[PDB]
Amino acid sequence: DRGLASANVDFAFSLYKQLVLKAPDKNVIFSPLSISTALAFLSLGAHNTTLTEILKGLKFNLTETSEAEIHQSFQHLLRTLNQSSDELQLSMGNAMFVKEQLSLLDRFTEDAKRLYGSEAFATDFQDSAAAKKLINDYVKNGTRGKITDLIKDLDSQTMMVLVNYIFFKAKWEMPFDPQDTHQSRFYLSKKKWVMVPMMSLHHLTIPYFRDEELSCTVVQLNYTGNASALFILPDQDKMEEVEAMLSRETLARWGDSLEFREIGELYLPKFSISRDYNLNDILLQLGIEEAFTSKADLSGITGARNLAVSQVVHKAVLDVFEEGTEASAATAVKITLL
Amino acid sequence: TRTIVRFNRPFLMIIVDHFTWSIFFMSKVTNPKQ
Ligand SMILES: C[C@]12CCC(=O)C=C1CC[C@@H]1[C@@H]2[C@@H](O)C[C@@]2(C)[C@H]1CC[C@]2(O)C(=O)CO
């Protein structure tokens, strides 16, 4: 299948490079699929230039696809990801929290439920602390407690918040033995390091590629199921080069070049990292601008040009350990009257 | 003589689904204790 695949991966790496640009030495963790899905959901309500900019910014080719085909593709992906599974836990949900008095088109609420699985929950944003707790509780529930305070500030004049979450919990195909985890150096720079629990595996046959073009080593560690982790280890002082060359083409070349190798020893830290982002700057850099201004056209939501985006926020957490990985994220689109 | 792969400096991690070709999560670890 993989209809959304090319746009979603182009968007992923465009987003990654912009996130790094803001703080080039910080940890990064985000779900591009959560952000793409939240913005596709937003585009369900958008018209005219507001709509064109969102779909173009999500890296779709608007001369060869329709908005209807895009929404149907997200609907199908959501159904695939949420199907019952015993191998791994994977869940994605969408919701809208809306001021009760705001008139919504029946077409919009019906399409949001049918395509994105989104209910519409009456929310009193004038009681801002209560509205924030409710939205954060929805996200906490969807992420099994891992994304706790997605919404920090919430304007009492907010009219609607669109929310996406993703939850991922998987076991390694080849789990690490905690008896082989030992505190070891992690070099923050060539001459500075800290101590971290370093997991290890011995005589491990996995997909491997030494990339001499980008001075990095790539390995694939599978989960149980159809999911895997691709790990890329740049040589010292080659991280910036690898980052600059990230792209759909580079990812495809890596995948095409992996070959099985019996690794003598693999060392991987046990770690947990978290990041939260205000995505306004990056979305504007990607050309999504009218949705934020007083020219916003979200008239597919209400039937009138009476709404505009105020903020898009994202939070994500990644936890890597001997038995597997837990990762979760959520995206919220805050919308005011116009 | 066998290759050693030692993730003891900054690295990238991409969580992918081979079936849907989705990137679920993208990460750079510059400090596991940051
Ligand atoms: C770029 C690619 C192909 C072109 C496209 O529209 C989307 C993607 C992103 C996901 C990639 C995929 C393929 O290359 C196969 C990949 C790498 C997959 C992630 C893991 C993968 O399935 C493999 O590693 C198979 O070897």
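Residue numbers start from 1 in every chain, and the chains themselves are labelled A, B, ... in the order their sequence lines are given, proteins ahead of strands. Header says: X-ray crystallography, 1.7 Å. Atoms within each ligand, like the ligands themselves, are counted from 1 in listed order.
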- For ligand 1, which chain gives the most heavy-atom pairs within 4.5 Å, and what name does the PDB entry use for it?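 By contact count, the main one is Alpha-1-antichymotrypsin.
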- Message: Could you check ligand 1 and tell me the drug name?
- Response: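 You're looking at hydrocortisone.
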- Query: Which neighbouring chains have any non-hydrogen atom closer than 4.0 Å to hydrocortisone?
  - Reply: A, B
- Report the binding site of hydrocortisone using a heavy-atom cut-off of 4.0 Å.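 Going by non-hydrogen atoms, it's A/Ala5, A/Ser6, A/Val9, A/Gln220, A/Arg248, A/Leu251, A/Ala252, A/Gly255, B/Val16, B/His18, B/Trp21.
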- Give the numbers and elements of all hydrocortisone atoms closer than 4.0 Å to a heavy atom of A/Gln220.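 Going through hydrocortisone atom by atom, the ones under 4.0 Å from A/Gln220 are 24 (O).
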- Item | Closest protein heavy atom to atom 26 (O) of hydrocortisone, given as residue, atom name and distance to 0.1 Å |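 Residue, atom and distance for the closest contact: A/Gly255 O, 3.6 Å.
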- Task: Just need the protein heavy atom nearest to atom 14 (O) of hydrocortisone, so name the residue and atom and give the distance.
- Result: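 Answer, as residue, atom name and distance: A/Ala252 CA, 3.5 Å.
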- How far is atom 25 (C) of hydrocortisone from its nearest protein heavy atom, and which residue and atom is that? B/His18 ND1, 3.8 Å
- Do protein heavy atoms approach atom 5 (C) of hydrocortisone to less than 4.0 Å? yes
- Which residue and non-hydrogen atom of the protein lie closest to atom 11 (C) of hydrocortisone, and at what distance in Å?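 Its nearest protein heavy-atom neighbour is A/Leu251 CD2, 4.0 Å.
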- Task: Give the residue and atom name of whichever protein heavy atom lies nearest to atom 10 (C) of hydrocortisone, and the separation in Å to one decimal.
- Result: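 Here the nearest protein heavy atom works out to B/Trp21 O, 3.7 Å.
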- Message: Which of the numbered atoms in hydrocortisone are under 4.0 angstrom from any heavy atom belonging to A/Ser6?
- Response: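 Numbered from 1, hydrocortisone contributes 6 (O).
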- Query: What is written as the name of chain A in the entry?
  - Reply: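 According to the entry, Alpha-1-antichymotrypsin.
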- State which organism the PDB entry lists for chain B.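 According to the entry, Homo sapiens.
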